[PDB]
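Here is the structure we will look at.
Letters A, B, ... mirror the listed sequences (proteins, then strands); counts begin at 1. Basis for what follows: all heavy atoms, side chains included, without hydrogens, waters or symmetry-related copies. Indexing begins at 1, ligand by ligand and atom by atom, following the structure's order. Contacts are counted only within the shown part of the entry, which is not the complete deposit.
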Amino acid sequence: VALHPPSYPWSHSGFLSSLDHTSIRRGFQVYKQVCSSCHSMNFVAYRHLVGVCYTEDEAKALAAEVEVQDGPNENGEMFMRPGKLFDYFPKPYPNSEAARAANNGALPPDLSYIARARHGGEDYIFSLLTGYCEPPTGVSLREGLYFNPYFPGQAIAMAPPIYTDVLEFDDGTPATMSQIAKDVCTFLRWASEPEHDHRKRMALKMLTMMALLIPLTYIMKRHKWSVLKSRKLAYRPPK
Amino acid sequence: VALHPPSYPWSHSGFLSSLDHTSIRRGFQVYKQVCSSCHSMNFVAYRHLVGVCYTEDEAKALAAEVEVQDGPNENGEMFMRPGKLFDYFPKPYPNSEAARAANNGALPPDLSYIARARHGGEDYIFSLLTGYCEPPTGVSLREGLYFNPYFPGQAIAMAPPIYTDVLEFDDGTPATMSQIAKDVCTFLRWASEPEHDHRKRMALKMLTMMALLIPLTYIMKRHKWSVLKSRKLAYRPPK
Amino acid sequence: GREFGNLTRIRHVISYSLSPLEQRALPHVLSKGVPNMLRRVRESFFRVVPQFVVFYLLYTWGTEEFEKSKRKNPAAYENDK
Amino acid sequence: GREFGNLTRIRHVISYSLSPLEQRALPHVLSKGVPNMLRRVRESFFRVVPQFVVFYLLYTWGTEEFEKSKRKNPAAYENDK
Amino acid sequence: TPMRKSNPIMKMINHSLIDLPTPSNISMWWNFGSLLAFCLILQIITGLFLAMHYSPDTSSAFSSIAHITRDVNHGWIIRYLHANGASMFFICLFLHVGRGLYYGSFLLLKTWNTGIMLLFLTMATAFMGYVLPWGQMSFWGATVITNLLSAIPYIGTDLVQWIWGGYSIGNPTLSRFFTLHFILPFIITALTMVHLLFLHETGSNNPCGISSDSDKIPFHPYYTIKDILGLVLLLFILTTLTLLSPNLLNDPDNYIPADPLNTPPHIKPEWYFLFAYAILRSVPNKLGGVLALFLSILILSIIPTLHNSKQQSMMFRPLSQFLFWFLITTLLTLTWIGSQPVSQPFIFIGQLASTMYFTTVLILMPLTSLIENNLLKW
Amino acid sequence: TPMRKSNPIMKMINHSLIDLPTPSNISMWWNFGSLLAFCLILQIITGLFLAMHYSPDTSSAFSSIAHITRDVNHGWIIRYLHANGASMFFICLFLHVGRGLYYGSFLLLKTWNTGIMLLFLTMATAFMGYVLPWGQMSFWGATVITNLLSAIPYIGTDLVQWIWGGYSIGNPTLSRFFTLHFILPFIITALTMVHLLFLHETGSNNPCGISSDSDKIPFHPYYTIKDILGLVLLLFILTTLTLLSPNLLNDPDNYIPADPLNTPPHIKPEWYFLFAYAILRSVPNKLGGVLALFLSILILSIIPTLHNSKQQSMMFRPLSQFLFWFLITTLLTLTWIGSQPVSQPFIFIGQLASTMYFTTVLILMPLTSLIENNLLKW
Ligand SMILES: CCCCCCCCCCCCCCCCCC(=O)OC[C@H](COP(=O)([O-])OCC(O)COP(=O)([O-])OC[C@@H](COC(=O)CCCCCCCCCCCCCCCCC)OC(=O)CCCCCCCCCCCCCCCCC)OC(=O)CCCCCCCCCCCCCCCCC
Ligand SMILES: CCCCCCCC/C=C/CCCCCCCC(=O)OC[C@H](COP(=O)(O)OCCN)OC(=O)CCCCCCC/C=C/CCCCCCCC
Ligand SMILES: CCCCCCCC/C=C/CCCCCCCC(=O)OC[C@H](COP(=O)(O)OCCN)OC(=O)CCCCCCC/C=C/CCCCCCCC
Ligand SMILES: CCCCCCCC/C=C/CCCCCCCC(=O)OC[C@H](COP(=O)(O)OCCN)OC(=O)CCCCCCC/C=C/CCCCCCCC
Ligand SMILES: CCCCCCCC/C=C/CCCCCCCC(=O)OC[C@H](COP(=O)(O)OCCN)OC(=O)CCCCCCC/C=C/CCCCCCCC
Ligand code: HEC
Ligand code: HEC
Ligand code: HEM
Ligand code: HEM
Ligand code: HEM
Ligand code: HEM
Ligand SMILES: O=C1C(=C2CCC(c3ccc(Cl)cc3)CC2)C(O)=C(O)c2ccccc21
Ligand SMILES: O=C1C(O)=C([C@H]2CC[C@H](c3ccc(Cl)cc3)CC2)C(=O)c2ccccc21
Ligand SMILES: O=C1C(O)=C([C@H]2CC[C@H](c3ccc(Cl)cc3)CC2)C(=O)c2ccccc21
């Protein structure tokens, strides 16, 4: 059975710790230049990047880079136009049969909730991305599979997707495989759960309040029940 | 305002009269050869003709005459195949913009409930089909309109669709314009309300029953109330 | 609360009844019921009917007037040219 | 039905009470309440706890056994060739 | 004791409809409450079935009903029954109200007020069901009824946009209509139970308007069989409407799907609403129009307050009766005007009918009651 | 009189929760009914809101929930609250049952039977909500639960196909799940009212098992503030579960949409069901398995019949107490076994746990009660 991922010290794992938005910005470049060849992200749109790592104008600029189908026009025909904020990240394949045809029968999953749809979360993915190696003695792989101990079965269709200097970050960070993996993983965390930071923000407040209300109402209860708690009885028959 | 259609004596208008299925069979040929060039019938499929005027085998035969898009195939591509019982009558245009482009801006409506969606029902349609004529003095028509007194406005985009010998019926009936109109109208009646015959069938039964139950329960009521209806009072004070 | 034991206080009233199986359910229709219905119609006729007659006159008038209003007036073209 | 006027019949019982505003809400915690809780734990310990201890032993045993069952047996390859 | 009286649930049933003391002399006009309950039950059942095939989405609503009426086994008759049952429901409702106006049963204040609440709830429900098919009439009905709150001076437009869930009528509004139409009938049921609870504390009024405690009979067997007879009659009428003449009340313009860019030239709501529509059409001012629309129904709440007569019922009060039937004809007139184009004869007639409706309820009846009192010398 | 007692509605409220006589000495174990009611109310509210954005269609259900959690303002927390409230609901339910088993309150027969009905209804409801997201676990849960009726020997397969509405699980089944999940909670509400009606005819049992009519106190103010305290505590726990650790009880396999061609290797229902699952897994025969599954809950109905003790409560009965806690551990064991693969150690352990559950309820407790009686010399 599959190998259990170890726990990495992620800076957002504290009870009130927020995500590192720099790592999100770099992870998103990783997902543009590499991982959006095979994979779809059907539930994210450019308008979602605004106020997270981009202004509205710059997100429009990202959008503009992509052609999108639209129509019908006044003649009843379809056409192509540049993108807008309200368009969803584009799909790599038109249908899953075409996706299988382009990957030797295997279907790459959608990464919009991959971090919440796998045991271990971002610990697993990192483990999977860094974890390829040569197989043991006695093991063999059929046509077009790789070996990876952190996959269930240890045979996986996906070739090692990243290596050192497979891209360059615009902030000058050195692009070693490990750095790339950590950053794309942070970005998938954000893609799976946007409410993260605001949720922790809101916890502080309303937990303080609900904690405060316990002793107060307990005092009120004790006040009303003191009458019975100190009551004294006696029995006085005429005998 | 529009001209009020007169009432024609249609053989199905009696309380327990059924539709004439011969006229349905001919009307359906009219709708194939003529009226399915412009118009859609999105809510009827070949399986619906079975047991009305066709066997299952012959309805399959009708189906087989038409090409239909299907897929994706194992490669991820679409293809064309012959039709089946469970396919819907084919559309003439891909979208309403294309329909307008092919009819000088006007949009032909769907005839699946045309008989229930117009004042006068099949009296109107017949009136409209037979009713074209030359305009009065002082009247003029803009580019591409005809005159027809039974249309609201009296200007209509649709040119006179039928004339004598615009088709030939397979049962040898002489195809005069009037005959064609009456038959297509019967067919539209059937297309708008398939439950017709069975509904009247079922009325006879359950109306007989509900009519029978009235006097019986009235008798039971009278039986229980006779005690009070014949009661006699008296007042006898000691005085 | 309200119960058949203590609704009101009554004295010196006598009642008589037959059983349903001793008597007829529709004893006298055409000799008693029909004239009774006739008087029952008589006693209410003039309190109900004339209002509806007035409604009918108003309805027909208003229909006629509306339908006249839609016909072309010859003086609209004949008068000045 | 059940109402504070006629629940039961009692004779010769006397009661005494203070008002809440005359007395304290948490009068004696560490000198009376704590020992009371301690005896209250003592009186029930051996009626509840050992069953759960047995559950814990069973759980750990079954886990260990299942995990042993997944490891390869050397005699399955060494014995005959 | 008999088991009939051994137990709270059973004893409540017994006090409700076995040993309840009812007047001996009440007439057919008292059958319409039980028919109302029957209609509510019919509607809930047929609705739960329809629900399992309908689609609360603007891109498939219409076609889901097409699917119901063409492919589901006997789905057409279930549709027919639902639609005709609503009509019967309102027929009974109107007759039920009118009885109480004639025979003075509004002096049972709690029952009367809970009745007014029920009227309002039923109307809301009926309207929110009428927009679900998403035909051409449904769409514009929705539009008007949701723009009504724009008349509130300070907060209205924001209320409209908060009910729409967007810049305009659209997909988010249809699911709201459907959730509300699902939940309301059950609130109606609960309030009906409260209504009857209030009634059974006093008992039924009767045609003569004098106390009937000297001649009470039990509810069973007399009124049990009487109401069963009434139900048989209602079912005969409903079946004939469903099978022999289903298209009598039907509207063709709702067999054309919705088009947000075109309102049809001739507009007409469902029949049980026409009269309000006429009233709404009669005031040349927005706010005043809406105010009149709502007051037309809310005015029932002050009828108990304007009562001057020594006697309760109109049975012995002829001038009163004459006015009553004149009021009913005013309402017929409003119904007729609602059907007609907004053109000059009908405009003027509608304005007169409206002024006479309020006039009659608020002024003429009180004064005739005083005259009557003086003629009997008290 | 005070207005408190002037009027039927008010006087029923007063007899319910103002002047009701309650035992002075009942403990925290009696707070869980009010928390159950609170939970029902919370569920209905959050459900009515969710309803207005969800899509009962197999081609958009999943994505409608995605829409709710990503685009609707604070929709994520409404989702979180609904899902965690169900869990709290069952926690309270289990504790509520256990109290009554320990303290002998099953001798209130009507209340106990209506409780069993409510348990069944709540379980149905919870399960029919669990399949609405149309994830990978939801689909196969649906499949199994609807194949259960195939075990009926003469008519079963036809029942399965009549519930499906077709040859297989599909679009026509999801709308049925959604209609039923919509309507059941309100039936639960009505039956809860009947439940309490039955309770208030006798009043509450207490820890000592002896009659408390010498020391009754009024419900207000004592138990009003006590239950308010309980509610505050429940809200603290619920908030911490919703905001600080939302993924504690969550299942990853339901974040993969449904695939009719593949069942995942490791299957696990929602936690409050595991134990039944284990029981169902323990019988090597189909019909016998289903029979055991249903008897596991239906067996509560004969506990009143097997009662031999002279005393009502276990407070003074130590051997009894020992057996009670052993039973609770058997149920924990079934819960643990439900989580594990169907492999040999767990197979054998589950079979023992099941036999011991029924054994204990049906045999050991009656006999220990007789021994106890003999030790006290009666
Ligand atoms: C990041 C997340 C953060 C989460 C933070 C959460 C914070 C929670 C704060 C909660 C504060 C509550 C305050 C309530 C005040 C109410 C006052 C009142 O009136 O109370 C009456 C009520 C009792 O009512 P009663 O009228 O007496 O009736 C009860 C019985 O009938 C009486 O019968 P009896 O008298 O016979 O019984 C006597 C005895 C009976 O004793 C026994 O039966 C014996 C017990 C022996 C135990 C021995 C030790 C353990 C076993 C060891 C055995 C040996 C092992 C050997 C192994 C060998 C292996 C080889 O029982 C007791 O005395 C029990 C007292 C203690 C109750 C503890 C309650 C725990 C609540 C936990 C909540 C968890 C959820 C939180 C939310 C989490 C969200 C993620 O309670 C009390 O009197 C105690 C009040 C104080 C309770 C404090 C609880 C604090 C809990 C903190 C938890 C933090 C960790 C959370 C972890 C979460 C993991 C997911
Ligand atoms: C196997 C195929 C199906 C077979 C079906 C067989 C049953 C057919 C229908 C029978 C209907 C019932 C008729 C007999 C009812 C007798 C009721 C009775 O004895 O109780 C009356 C008495 C009246 O109360 P008091 O007024 O206090 O009396 C005092 C008198 N001085 O008691 C009551 O209060 C009523 C009690 C009602 C009990 C009803 C029991 C019903 C049993 C139905 C069983 C159906 C089984 C179906 C099996 C289907 C296949 C698995
Ligand atoms: C599908 C389209 C539906 C259209 C709308 C349908 C509903 C409206 C129907 C209107 C016509 C109703 C006619 C009813 C029959 C009238 C018979 C009649 O005049 O009989 C008078 C006869 C006289 O008897 P008494 O005075 O008691 O004394 C006799 C004993 N010695 O009976 C009566 O007067 C009883 C009157 C009872 C009330 C009748 C109410 C009828 C109209 C009610 C609905 C009107 C609309 C709503 C009104 C209230 C609005 C706030
Ligand atoms: C314009 C901005 C908003 C302004 C809001 C102003 C109101 C603020 C809130 C006020 C709350 C009410 C406080 C006073 C309540 C008085 C109740 C009273 O007098 O009745 C007590 C007495 C008690 O009964 P018994 O026990 O029989 O008494 C016998 C004694 N030996 O009567 C009762 O039974 C209770 C009657 C309750 C009446 C309550 C009336 C509430 C009125 C609310 C108006 C709100 C208006 C809001 C307007 C908003 C803008 C359009
Ligand atoms: C999210 C995951 C949720 C997992 C499931 C959660 C629910 C199950 C929780 C199981 C553990 C519950 C422990 C509760 C505390 C026990 C404390 C204890 O032993 O105290 C004993 C103390 C002794 O007091 P007395 O005998 O009254 O005398 C004292 C006065 N002189 O109190 C008691 O014995 C009271 C017992 C009341 C009932 C408790 C029931 C606990 C379990 C209930 C749920 C179990 C599952 C369902 C059972 C029924 C199935 C048909
Ligand atoms: C085409 C060369 C791909 C690129 C570029 C990336 N991935 Fe992919 N991935 C691909 C295939 C054909 C598969 C199927 C594997 C199988 O055995 O079926 C996958 C799968 C994944 C998974 C799933 C892991 C699991 O346990 O199911 C993940 C999490 C994944 N891929 C991630 C991922 C990332 C981060 C990439 C960019 C760095 C990436 N993939 C690129 C094909 C291709
Ligand atoms: C293309 C040459 C057409 C053929 C063949 C038929 N119809 Fe048609 N129709 C066409 C157009 C462009 C329009 C729009 C008219 C307009 O003014 O917008 C129509 C319209 C109709 C209608 C609608 C009548 C109404 O009052 O709205 C009907 C009922 C209709 N057409 C019927 C009909 C029938 C029976 C035909 C076969 C005999 C037929 N049409 C053919 C274009 C064309
Ligand atoms: C769903 C709607 C309603 C239902 C189900 C309903 C039901 C009933 C029933 C069953 C009765 C028993 C007596 C009878 O049938 O006459 C009744 C009586 C009564 N109803 Fe309602 N009703 C409804 C709406 C209304 C409305 C709209 C009003 C008034 C505007 C009203 C006012 C009354 C009154 C005053 C009585 C008692 C009058 C008398 O006994 O003389 N009800 N109702
Ligand atoms: C007082 C009770 C009710 C009234 C007055 C009422 C009224 C109506 C009306 C007038 C329509 C439109 C009819 C048409 O378009 O032809 C409708 C549609 C509908 N109603 Fe009801 N209804 C009631 C109860 C219910 C209930 C309890 C449900 C439960 C789900 C329900 C579900 C539906 C559905 C799904 C539709 C759309 C199907 C269709 O248009 O045929 N209804 N309702
Ligand atoms: C929605 C589900 C339920 C609700 C809302 C509910 C509600 C209540 C409430 C508010 C009480 C008041 C006393 C107390 O809180 O202890 C109560 C008592 C009671 N409940 Fe329920 N309950 C439910 C389910 C059940 C179940 C499943 C059972 C048994 C299997 C049950 C049996 C009882 C009994 C026997 C009592 C009275 C016992 C005593 O007073 O000693 N109830 N319930
Ligand atoms: C006892 C009351 C209720 C219980 C126990 C209950 C339970 C549940 C559960 C367990 C789920 C699935 C949670 C998940 O997938 O994460 C659910 C979903 C849902 N329920 Fe409730 N529910 C109740 C009341 C209601 C009511 C009254 C409605 C009214 C419409 C409702 C509407 C919904 C909807 C629309 C969903 C799907 C949305 C989603 O999965 O997040 N529920 N319910
Ligand atoms: O029809 C009723 C009536 C009631 C009979 C039972 C009905 C009913 C409706 C539905 C069900 Cl499932 C059961 C009973 C409701 C109306 C009731 O309470 C009265 O007080 C009354 C008084 C005079 C004339 C008729 C009546
Ligand atoms: O113009 C209208 C209109 O004015 C209403 C009106 C009718 C009266 C209604 C009404 C509102 C409140 C009450 Cl208490 C009673 C009726 C509100 C909608 C419609 O129902 C309608 C339907 C379809 C197309 C257009 C229209
Ligand atoms: O194999 C099962 C299975 O057996 C059940 C079972 C659990 C017990 C349920 C149950 C039925 C009736 C009662 Cl009274 C209680 C629980 C029925 C479904 C599931 O819930 C399940 C969910 C998802 C995938 C597979 C499965």
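- Contacts with ligand 13 are greatest for the chain named in the PDB entry as Cytochrome b.
- Sitting at ligand 13 is the drug atovaquone.
- Heavy-atom contacts below 4.0 Å between atovaquone (ligand 13) and other chains occur for E.
- Close approach to E/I297 involves these atoms of atovaquone (ligand 13), each under 4.0 Å from a residue heavy atom: 14 (Cl).
- From the protein, the heavy atom lying nearest to atom 11 (C) of atovaquone (ligand 13) is E/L293 CD2, 4.2 Å.
- Near E/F273, the atoms of atovaquone (ligand 13) lying under 4.0 angstrom from a non-hydrogen atom of the residue are 16 (C).
- Nearest protein neighbour of atom 18 (C) of atovaquone (ligand 13), counting heavy atoms only, is E/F127 CE1, 3.8 Å.
- Atom numbering of atovaquone (ligand 13) starts at 1 in the shown order; those under 4.0 Å from a heavy atom of E/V144 are 1 (O), 2 (C), 3 (C), 4 (O).
- Applying the 4.0 Å criterion to heavy atoms of E/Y277 picks out, from atovaquone (ligand 13), the atoms 1 (O), 2 (C), 3 (C), 4 (O).
- Under a 4.0 Å criterion applied to the non-hydrogen atoms of E/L280, atovaquone (ligand 13) contributes the atoms 4 (O).
- Within atovaquone (ligand 13), the atoms closer than 4.0 Å to a non-hydrogen atom of E/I267 are 24 (C), 25 (C), 26 (C), numbered from 1 in the order shown.
- The protein heavy-atom contact nearest to atom 21 (C) of atovaquone (ligand 13) is E/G141 CA, 3.9 Å.
- Within the listing of atovaquone (ligand 13), atoms 23 (C) sit less than 4.0 angstrom from a heavy atom of E/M137.
- Atoms of atovaquone (ligand 13) lying under 4.0 Å from any heavy atom of E/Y130, numbered from 1 in the order shown and given with element: 22 (C), 23 (C).
- Counting only heavy atoms of the protein, atom 19 (C) of atovaquone (ligand 13) lies nearest to E/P269 CB, 3.8 Å.
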